[PDB]
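Next up: a structure with ZK200775.
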Amino acid sequence: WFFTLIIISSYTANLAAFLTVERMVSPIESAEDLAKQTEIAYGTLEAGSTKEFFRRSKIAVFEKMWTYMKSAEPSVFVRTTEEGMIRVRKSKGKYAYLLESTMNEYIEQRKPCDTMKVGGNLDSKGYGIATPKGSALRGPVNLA
Amino acid sequence: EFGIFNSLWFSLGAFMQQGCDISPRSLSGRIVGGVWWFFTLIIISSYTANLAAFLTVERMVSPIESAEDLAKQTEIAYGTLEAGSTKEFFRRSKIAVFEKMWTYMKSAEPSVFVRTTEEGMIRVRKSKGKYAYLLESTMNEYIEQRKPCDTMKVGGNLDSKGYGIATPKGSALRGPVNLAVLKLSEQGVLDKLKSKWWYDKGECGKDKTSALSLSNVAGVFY
Amino acid sequence: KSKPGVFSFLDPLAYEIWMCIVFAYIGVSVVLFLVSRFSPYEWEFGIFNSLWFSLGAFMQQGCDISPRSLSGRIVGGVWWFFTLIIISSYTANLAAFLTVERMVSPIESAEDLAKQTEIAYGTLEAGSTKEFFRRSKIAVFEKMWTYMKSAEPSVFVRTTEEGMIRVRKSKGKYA
Amino acid sequence: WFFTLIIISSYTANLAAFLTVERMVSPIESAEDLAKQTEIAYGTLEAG
Amino acid sequence: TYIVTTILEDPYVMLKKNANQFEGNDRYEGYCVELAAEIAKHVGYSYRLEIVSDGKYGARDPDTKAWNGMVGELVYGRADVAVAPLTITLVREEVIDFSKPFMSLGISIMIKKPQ
Amino acid sequence: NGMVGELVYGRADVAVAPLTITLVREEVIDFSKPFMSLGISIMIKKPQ
Ligand SMILES: O=c1[nH]c2cc(C(F)(F)F)c(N3CCOCC3)cc2n(CP(=O)(O)O)c1=O
Ligand SMILES: O=c1[nH]c2cc(C(F)(F)F)c(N3CCOCC3)cc2n(CP(=O)(O)O)c1=O
Ligand SMILES: CCCCCCCC/C=C/CCCCCCCC(=O)OC[C@H](O)CO
Ligand SMILES: CCCCCCCC/C=C\CCCCCCCC(=O)OC[C@H](O)CO
Ligand SMILES: CCCCCCCCCCCCCCCC(=O)O
């Protein structure tokens with residue numbers, strides 16, 4: 001009887017523990033979230049504007065992320081976007097890639113469909129239509 | 001004496017972890033009884049465990065997470081300002097989702113529209129979550145951080161637009177101003193300013209679990 | 001200091017639940033007695049035995065006697081169900097109470113005070129501390145300064161004694 | 001019966017609490033603790 | 001010294017509580033005011049923060065075919081630059097020049113916080 | 001080099017690509033108002 005009482009209470013209590021923590025688990029929904037934690041690694045292209053954004057950033061979160069990324073072995077940085085994508089895919093949720101939102105959304109719709117974009121943007125950029133300086137097309141193209 | 005009525009009573013009492021007047025004596029009756037005892041033990045423990053989980057951690061879920069949700073559902077109302085460009089975006093949209101939303105919003109009684117953003121904000125506040133207001137994202141985020149701090153923005157933006165610095169058509173300030181704005185953007189000044197005046201000045205930057213009240217066991221009493 | 005409270009074991013359920021449990025207990029015992037007796041075909045479920053059956057059912061201690069009729073079994077079955085839900089509710093809510101009592105982290109840093117909003121806090125109107133806040137280049141103290149600027153009722157105190165008394169009277173809402 | 005019901009529920013509830021949240025506590029929290037205790041050793045640089 | 005037109009809209013440009021206690025550009029505070037400060041610093045020039053009398057972002061009335069608000073005040077030479085949340089649009093682009101957007105935005109849904 | 005080069009040195013008279021508006025390129029060529037807004041974002045292995 002005593003053994004039974006301990007064992008059954010243990011089963012109930014441990015099942016409650018399982019279900020309660022499964023209910024406390026918060027995903028990454030933001031950049032600061034990725035910054036403060038340490039369990040998940042993350043990197044960017046070795047050469048490109050994203051790396052520069054991080055290197056020159058005077059914002060606390062991004063400075064911290066840069067300090068982490070620089071002081072990381074093996075290197076978080078990747079050679080090409082395909083390399084980063086594959087590293088994310090094969091990391092088993094221990095590597096996050098940091099890239100332009102548009103490419104992120106595109107890759108999200110390409111099989112294998114095992115990637116997703118989390119949170120909002122860290123930065124604001126635009127793509128534009130360019131014309132040579134002093135061109136006559138400029139005003140019409142802008143209005144178009 | 002396991003007639004059908006007594007069988008039903010045995011089984012009910014086994015599930016409720018009450019007693020029995022009678023227990024099976026055959027091997028077959030005991031197998032049946034044994035598996036029903038095991039089933040009962042797992043199921044009841046699962047009920048208790050999961051209810052503990054629910055009462056320990058509160059997960060509040062927003063019904064809406066996108067515009068297509070406002071489109072497909074009907075219980076929640078939603079409307080714009082008549083005065084502004086937002087209404088016009090919908091009026092002329094020609095995207096499926098937004099066309100559908102316009103068709104709804106036009107044929108809505110009472111009027112989903114409001115006069116001023118203050119009126120729309122108050123309407124959203126007063127209703128218990130049956131009206132969603134469509135407005136510019138920047139104003140939305142600002143209002144979200146101001147008192148009483150009881151609203152939120154949900155989903156992404158529906159459209160894309162920008163605020164710019166304007167100068168007179170022939171002006172010599174144009175090129176300098178443009179390059180100034182780009183320089184500020186790239187140096188992170190503009191982000192910082194937005195952070196300061198939305199979040200750092202924000203008014204509203206998991207404990208004391210309560211006794212169960214009569215209300216969340218009233219059904220068992222009934 | 002936390003002095004539990006002699007009858008704190010009742011805390012998982014509201015006072016109204018306990019009182020309604022008692023009423024339900026009496027009502028069940030009386031109906032079990034009534035539907036067991038006035039049936040003149042038979043007349044062991046007198047009133048005292050009905051009360052004992054009901055009590056043991058609620059405590060999940062089982063019984064010397066079970067109802068044999070359909071009416072007695074209906075009564076018994078609903079009282080069994082009620083008991084199962086109510087007891088599981090008590091245990092589950094007690095677990096919840098003891099789990100969060102165990103998740104509570106004290107304030108033991110400045111940013112901890114800064115990020116939350118439940119605790120208010122102030123300093124002397126005139127002092128070097130206030131200056132340290134006014135001229136602070138780091139996030140935490142800048143945020144604290146911005147908060148202290150928008151303080152109603154006013155957080156800053158005239159004298160250290162005033163601040164000390166405000167802390168004493170506040171009941172953990174003023175630092 | 002009533003006593004039993006409260007006590008057993010309290011045992012199950014508190015074990016759930018323990019298994020749900022880990023709390024590791026450091027035995028030492030001051031120098032007087034190193035003074036009073038004898039189980040834990042403590043030493044400095046041989047010359048400093 | 002240039003006249004910089006503006007509108008009253010929180011948190012862009014807001015009258016400071018000590019409005020009477022201050023005079024000049026320091027009458028106002030907000031996002032756009034510091035933006036104007038930085039823009040002036042980068043370009044060079046000096047300015048006074050005028051406020052559009054009508055307190056409206058411009059629009060072209062079809063009946064009269066006249067511009068009102070900040071856009072009107074900018075097209076009729078009364079103002080030298082507008083530092084406000086003006087939305088870049090085709091109709092306004094034809095009449096004035098805009099800078100690249102200093103703030104991107106869109107339409108969004110506001111709901112009551114779930115309780 | 002690249003498309004900016006092809007515009008600066010008269011080789012081409014328009015660029016219709018995803019070309020990021022920047023200060024350095026703004027100095028040498030004229031951009032239109034952005035036809036597509038974007039930013040840096042986080043990509044993660046989808047939780048299954
Ligand atoms: O250029 C424009 N800039 C605008 C800027 C803002 C704000 F974000 F608050 F600064 C607002 N807010 C919308 C939300 O309620 C409060 C006013 C409206 C603007 N409008 C009117 P619309 O575009 O016709 O709707 C313009 O025209
Ligand atoms: O103007 C630019 N437009 C760009 C457009 C895209 C895309 F969205 F895919 F179209 C990308 N991709 C995402 C990163 O991996 C390479 C491909 C890179 C761009 N880069 C290079 P940067 O130097 O890293 O900014 C530019 O310069
Ligand atoms: C005297 C009369 C007694 C007879 C009646 C007694 C019935 C009581 C026990 C039932 C559970 C038995 C089955 C237990 C389930 C085993 C499942 C298992 O081993 O699973 C492997 C696992 O899934 C690998 O991944
Ligand atoms: C021989 C055996 C005799 C049988 C003895 C009979 C007593 C049955 C006992 C308990 C179950 C009663 C509890 C279940 C009540 C159903 C109501 C319910 O759950 O309603 C939910 C509602 O539908 C919201 O969607
Ligand atoms: C089937 C009978 C079960 C026994 C139930 C015990 C009843 C406890 C006492 C009920 C009265 C109210 C107690 C709660 C008071 C409070 O804490 O505010």
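Residue numbering restarts at 1 for every chain, and letters A, B, ... go by the order of the sequence lines. Lab note: partial entry displayed, contacts enumerated inside displayed portion only. In each ligand, atom 1 is the first atom listed, and ligand 1 is the first ligand listed. Values below: every heavy atom of this structure, side chains too, minus hydrogens, waters and symmetry copies.
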Mapping of ZK200775 to structure: ligands 1 and 2
Help me with this one: what macromolecule has the most contacts with ZK200775 (ligand 1), named as in the PDB entry? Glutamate receptor 1 flip isoform
Any idea which other chains come under 4.0 Å from ZK200775 (ligand 1), counting heavy atoms? B, E
Any chance you could list the binding-site residues for ZK200775 (ligand 1)? Cut-off is 4.0 Å, heavy atoms. B/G84, B/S85, B/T117, B/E136, B/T138, B/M139, B/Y163, E/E9, E/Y12, E/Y57, E/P85, E/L86, E/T87, E/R92
Residue/atom in covalent bond with ZK200775 (ligand 1): none
So what's the organism behind chain E, according to the entry? Rattus norvegicus
